[PDB]
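Notes to accompany the following structure.
Note on naming: letters A, B, ... go to the chains in the order of the sequence lines (proteins, then strands), and numbering restarts at 1 for each one. Counting starts at 1 for both ligands and their atoms, following the listed order.
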Amino acid sequence: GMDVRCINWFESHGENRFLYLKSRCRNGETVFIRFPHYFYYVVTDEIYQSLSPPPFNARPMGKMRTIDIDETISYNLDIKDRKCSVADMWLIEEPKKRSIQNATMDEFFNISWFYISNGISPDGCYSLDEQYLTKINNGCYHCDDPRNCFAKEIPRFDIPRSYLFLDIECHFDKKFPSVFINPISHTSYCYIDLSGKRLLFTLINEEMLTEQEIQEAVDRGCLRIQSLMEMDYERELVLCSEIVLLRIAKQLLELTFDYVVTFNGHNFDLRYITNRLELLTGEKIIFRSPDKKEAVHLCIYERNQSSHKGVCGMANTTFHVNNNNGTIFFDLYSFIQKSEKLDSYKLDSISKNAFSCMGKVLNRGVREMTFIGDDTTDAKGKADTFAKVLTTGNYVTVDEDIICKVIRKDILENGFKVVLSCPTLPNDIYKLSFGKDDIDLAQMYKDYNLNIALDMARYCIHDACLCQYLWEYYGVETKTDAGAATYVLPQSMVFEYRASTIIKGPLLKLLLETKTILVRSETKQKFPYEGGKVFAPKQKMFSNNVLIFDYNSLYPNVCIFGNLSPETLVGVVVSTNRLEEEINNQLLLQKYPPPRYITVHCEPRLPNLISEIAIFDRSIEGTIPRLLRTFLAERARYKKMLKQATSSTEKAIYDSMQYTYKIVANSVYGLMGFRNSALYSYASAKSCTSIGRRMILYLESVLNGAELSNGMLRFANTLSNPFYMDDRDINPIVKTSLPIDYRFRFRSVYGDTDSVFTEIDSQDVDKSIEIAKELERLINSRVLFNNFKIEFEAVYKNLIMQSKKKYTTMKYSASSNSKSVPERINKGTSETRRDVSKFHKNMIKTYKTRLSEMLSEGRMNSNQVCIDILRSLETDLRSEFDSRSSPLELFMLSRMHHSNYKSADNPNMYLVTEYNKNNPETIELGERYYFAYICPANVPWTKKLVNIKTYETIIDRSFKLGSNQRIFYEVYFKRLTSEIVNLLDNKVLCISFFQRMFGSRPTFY
Amino acid sequence: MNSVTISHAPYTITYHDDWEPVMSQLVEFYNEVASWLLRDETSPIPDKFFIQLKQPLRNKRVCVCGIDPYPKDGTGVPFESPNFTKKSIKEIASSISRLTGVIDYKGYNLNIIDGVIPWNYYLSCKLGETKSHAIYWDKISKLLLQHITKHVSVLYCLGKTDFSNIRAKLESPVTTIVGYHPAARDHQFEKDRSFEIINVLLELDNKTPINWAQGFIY
Amino acid sequence: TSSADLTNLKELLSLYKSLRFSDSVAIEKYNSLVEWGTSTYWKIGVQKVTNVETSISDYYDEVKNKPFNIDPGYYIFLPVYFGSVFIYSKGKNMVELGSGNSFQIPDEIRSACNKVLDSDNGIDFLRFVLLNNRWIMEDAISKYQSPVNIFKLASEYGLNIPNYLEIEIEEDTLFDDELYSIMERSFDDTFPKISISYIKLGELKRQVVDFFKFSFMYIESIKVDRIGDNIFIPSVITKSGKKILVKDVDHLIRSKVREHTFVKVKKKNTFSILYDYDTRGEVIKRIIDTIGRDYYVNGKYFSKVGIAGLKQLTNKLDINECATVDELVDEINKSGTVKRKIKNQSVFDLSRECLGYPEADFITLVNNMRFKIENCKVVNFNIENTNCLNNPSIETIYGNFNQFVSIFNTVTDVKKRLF
DNA sequence: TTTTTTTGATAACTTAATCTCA
DNA sequence: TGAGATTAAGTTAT
Ligand SMILES: Nc1ccn(C[C@@H](CO)OCP(=O)(O)OP(=O)(O)OP(=O)(O)O)c(=O)n1
Ligand SMILES: [Ca+2]
Ligand SMILES: [Ca+2]
Ligand SMILES: [Ca+2]
């Protein structure tokens, strides 16, 4: 088809196995191309002639070197050189699988081999020539030499795409829709064809409606069709029977759409539609290969992913659709759950988290409330997204607590103008979100009417359009294209594999470019190794500006600096006593000078050893550093793309992509220390961690107690390289561009892996920011070296450090001033945790703010603060226990279900199993659910708590707190009191209050 | 050896006392599906549904599991056919007659062997086509396999891809062997050395060895 | 599924059958195989073990201290020696009773055990007894052969065995003290054997019998006796000159024997043995002070700190005496067997074995020191922590560090030329 | 009428249940 | 009937 652009790649699963490509031309027609797919093996030239059945095809790979990357322990300096052998290699293609004994490079996929050897990118535009193409069908072509056909690549051009965003609503009586006894009531489609037309249509099962209701609807303008051929997609509401509804659904699902998008539809929607189709009629949803040679029926299959820590077990489950027509069936639930961390993963929660804006009060009313939004009220792009979602939206949440029905809406040229139904809130600026509703589907189905049918149709089409809104908001198309380009994978499996698989494409490309093969023979023994270093905090409250300096990509840059690769490791030298250790050190300092070799002092891997030195060669760049350089370049490009964005959605997408690439770069290191990986390297991981610890220690030592005065800055220690002598000035007296009247002193107070918190004896925000910028400029050229670079993160105020990894503060960004509004940030405290409470966090915030203000103004003439704080705690707790005005939602906990446990009697197993055995709603193997402590109401306040887990019950979606059941407030109150006690200074009153209220000993940090 | 009745053709739930915590849920699991199950003609005998649920299950140590009864004809118990013609049973019998050392036989009838029980995952089929009743029996098969696994020590299943998702199907860990079906191309079941595996597993789990040639019928 | 899995798990079952007769390597292999089995099959009937106490009482009946009636079968007689007991399960080291200590076999005993066990597979294990730096053929439990032919083959391979006598008894004769004395006299075997354990044909389990009389005696003195090159054995004397044998130094340490104090000692017809089961830091220095400062506890025995030079190096390398380094290199390169052994061993280990120092004590002493090393040779050493000097053995070893460093420098210099 | 491709690391804190010791 | 230590699980920072 000459100028075509690829959309998806898929394989044939018949007796004659083929590979297929779906592409689109500039005009808009679809072209399918077929290839014979083989099994690829790599052999040596000597082995190639020793094959009794001659290979079907063989291509010379040239001369490549094979290197053994097994690691051995040496007790002396007599280290034998690594075994490497250079030989000519052959890539052989077999129509059927073979069993060659001495075959290498066997960890790569066959589709990866096809892509890399044929020089074809999964996504791209090509000029296919007709010499290598023959017609086998109307639109389907056959190619025998994909290498020569794809020799011409052209710049990317835009193409039309087809979308089917679908949702269904099934009647349910008491518990859950059952495909054997409960029918489908509503089916809403957002249909986008290659012409760009966007048609929204909802089909309503008429067998649930009375004849008079059908007449009323058809008079109002609802089409009442009788057969498949009488259906038009240009109408909004179509009344039909269930059989005709299912036939229309099957007809739509059999079309060659580019994308068929659902939210949890692979597990519920598509399965329900299919099973009903075979139950009522007996027909099948037939998928066909492009050449019309092999046909399959729709059958959703389950894919289980196991863990990799402490007895693997099942960890997650996904559901997929089998089809051989090139259509991608996408479920947004799995994509959002894999890529985001949230308290809940329901549609309402994600919509509320994503679709929010700030509204300005413009009118009031007896029961109404008019809002407005634009670029002046909130950030740029929020109002446009809110208006786009508001086209089908019905309910709006105000202040994250009030759910209000939309009375009237008006889309403007810059924002929105919506009037709600809520009391007169006496403020000027509020927050509007698209979240939970106040509709009881169980009650509506029991009193089903025409108006309720129309309301359900509106809600269903809103959900179908929410699928599209989340598709556009998360940049799934852009992410898919980027993943296919980077990982060298078909578009249908970009978000299906973890780091162990998505790096094999670039790894194979790098290995072929460098002409290297890595082999291992010996077994891999596992030993623990030490991680990063965390400094103990010196104070809880500081009342001074703290300057934060953070290393950029610490571990990838450490690996690049040290050339840490399994094939570049010279050896490991261990010692048992001090005599041998000293002799080995004397020999080693002169045998391997450090312009070329680097020696890392690691902790011994065995108790009998007292020393362990890992030697690395930096003459030749390693395999891991090149991959890390590639990924850092990708992340830098995506950061540059992020910084040149003005819309909120584009900024969010770019931030997510750069975070994903940073996590990929980190996972490269993590896999370098993963036993079940091909790139396993215990010594490399130990060396990287040790070098990181040395770097953070060096930064902390040089920054602690480094005063400045006049035009000079004096560092604590000499600017000397912590690994070997280098050609840099070590004088800690540095000329600074700051004016002559500045005099301040610094003191290191905390550290974590690569972050250093340095306080300054100052309070002026502009002064602190200027000094921090100057210092960050100064400690990147005179202090650091090679590729080690740090950046000034922010200025922290009112820093309250509870522990070594939990602290809350107010953040001033690098580009800010005194008048700039701070941002409140919490790291590890009981406010970002997903399983503490909602009632807990608000009180924690209020009490922490009050304590910060009260310490800032000046107090502590006596016990003082403790008395009033504990009195307030007692009053609030007794008021909550008596009134019980808080809802059940404020006392809800979240936990993830999984089957990775040491014992089968674990209470977490029992709770989920018992819930599943008595509830039609089944919690999957990676589903996050809700639970809470509920106790009999007649039970009074309990002093000594004995059993806690026995009171846990799962609040799925509709649990009702009965008269006999009440929230067991004791656990929450005890946790809140225990957290608050550790914040205060005086103790005797704290233990006294804990004994009086509960009757235990409060643990102190 | 008791029984319970339901409102659907089979309504012949003769069951043993050791199968007690099964029927009380199987009744609801089968009532909602019997109406659509009995509308078609199957190829077990309809009365041969709850026939292996009256046997004592705390006597067997190894369980061999089938995925589907024979697409043509059928008796009611897996891997039994006193009309010996089929290829799968031929391949099963050849590799065990070679192991035991008996050359003269008139079938195997693996059911009669003490210490082992043949199991069918899907309790019904249809004439001509296989795996045509999976939806009607999925949850019932799950519950029955879970109960059988809870009592036996080792489970044997036929079909690699057909039983590729059995670990998540059961919540209680158990010794499981998934063997190749004796109908694939190249006759891979000949290379399948699994009977020795299950036997030596019984000795490794301090269980009484089970004689294997006992079931031969002359 | 496959043959490899079958072989692996049947080897796991075989290892499970012999669980008490295991060492560190076998425990690690068993754990690895259990992990592989439970990962592949999702469940395994056996679990992990980490303690593994060595027990032999499951193959031996309760001890007998009373005349008893016997008549079953033949009466192959086998005495029991006095001393430490070691177990050779299959291709392993020597396992001590209780704690799974790994004894250091010199060379010939391990080869003899391997050659004896390679003949068949029906033998449960091989039992050895060590007394004053010598081995003896103990009971040979076996489920296939009678122990007579195992004894004969072990004797002809090169190790020593006790004599055996077979007698047929018709009626239930009352074995008494007189029969025990007569058969121990007929055994000759001047080595101080304590008990006698006769086998029973047909009955797999063996039986042990010994007769003794309690006695109380007085302690005169404790003295060391030479039984080798710097290997000393403790001993005591009585007023009448009677000798009370002690199996090893640990027996004396646990007994807490006090000078000029009455003790309980088990007396027999020929010789008598002190009885155990009567802190450690007090005795470990008190006995050292009484016997002499110039002594230390070399593991199971006593060793004397003295001179260390060319004579010790020649003795340890099994070469004749010489004068200079050139004669050393010539005499150790003349035969290619010794030089290969020297190449495979480090300077530190070779010097430590030449001076006969302990392993753990010397390692701790070295790790609690500071050294100045030039040209791969030691010229200055000093103590950084004096706490480790509290142990008298550490002080005794440190008192002669000059000889050790001289030997270390000589070995380093000669290895610089042997390559 | 049945069958190829998976799996990043450690450090630090909090709470409940179990084991051990006055 | 308390105190103290230890292990397993969940979750976050880096
Ligand atoms: N997913 C992660 C996250 C963190 N770390 C530890 C360490 C090295 O990756 O974090 C140091 P940085 O250089 O990645 O720094 P940080 O995580 O703060 O990223 P940055 O601010 O540079 O985007 C890790 O190993 N894996
Ligand atoms: Ca839905
Ligand atoms: Ca919906
Ligand atoms: Ca960083």
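- Checking cidofovir diphosphate, quinidine, berberine, dicoumarol against ligand 1, the answer is cidofovir diphosphate.
- Structurally, the main neighbour of cidofovir diphosphate is the chain that the PDB entry identifies as DNA polymerase.
- Other chains with a heavy atom closer than 4.0 Å to cidofovir diphosphate: A, D, E.
- For cidofovir diphosphate, the residues with heavy atoms nearer than 4.0 Å are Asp550(A), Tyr551(A), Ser553(A), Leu554(A), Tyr555(A), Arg635(A), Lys662(A), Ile663(A), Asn666(A), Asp754(A), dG8(D), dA9(D), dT14(E).
- Within less than 4.0 Å of cidofovir diphosphate, the structure shows other ligands or ions, namely ligand 4 (calcium ion).
- Nearest to atom 19 (O) of cidofovir diphosphate among the protein's heavy atoms is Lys662(A) CD, 3.6 Å.
- Residue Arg635(A) has at least one N or O atom closer than 3.5 Å to an N or O atom of cidofovir diphosphate.
- At a 3.5 angstrom cut-off on N or O pairs, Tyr555(A) does not count as close to cidofovir diphosphate.
- Cidofovir diphosphate has no N or O atom lying under 3.5 Å from any N or O atom of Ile663(A), backbone or side chain.
- The protein non-hydrogen atom at the shortest distance from atom 9 (O) of cidofovir diphosphate is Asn666(A) OD1, 2.4 Å.
- Of the protein's heavy atoms, at least one falls inside 4.0 Å of atom 23 (O) of cidofovir diphosphate.
- Below 3.5 Å of separation, one finds an N or O of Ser553(A) facing an N or O of cidofovir diphosphate.
- Residue contact check: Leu554(A) has heavy atoms under 4.0 Å from atoms 11 (C), 12 (P), 13 (O) of cidofovir diphosphate.
- Closest to atom 7 (C) of cidofovir diphosphate among all protein heavy atoms lies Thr753(A) CG2, 4.1 Å.
- When hydrogens are left out, the protein atom nearest atom 15 (O) of cidofovir diphosphate is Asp754(A) OD2, 3.7 Å; that is the closest non-hydrogen contact.
- Shown in contact with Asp550(A) at under 4.0 Å from a heavy atom are these atoms of cidofovir diphosphate, numbered in order with element: 18 (O), 21 (O).
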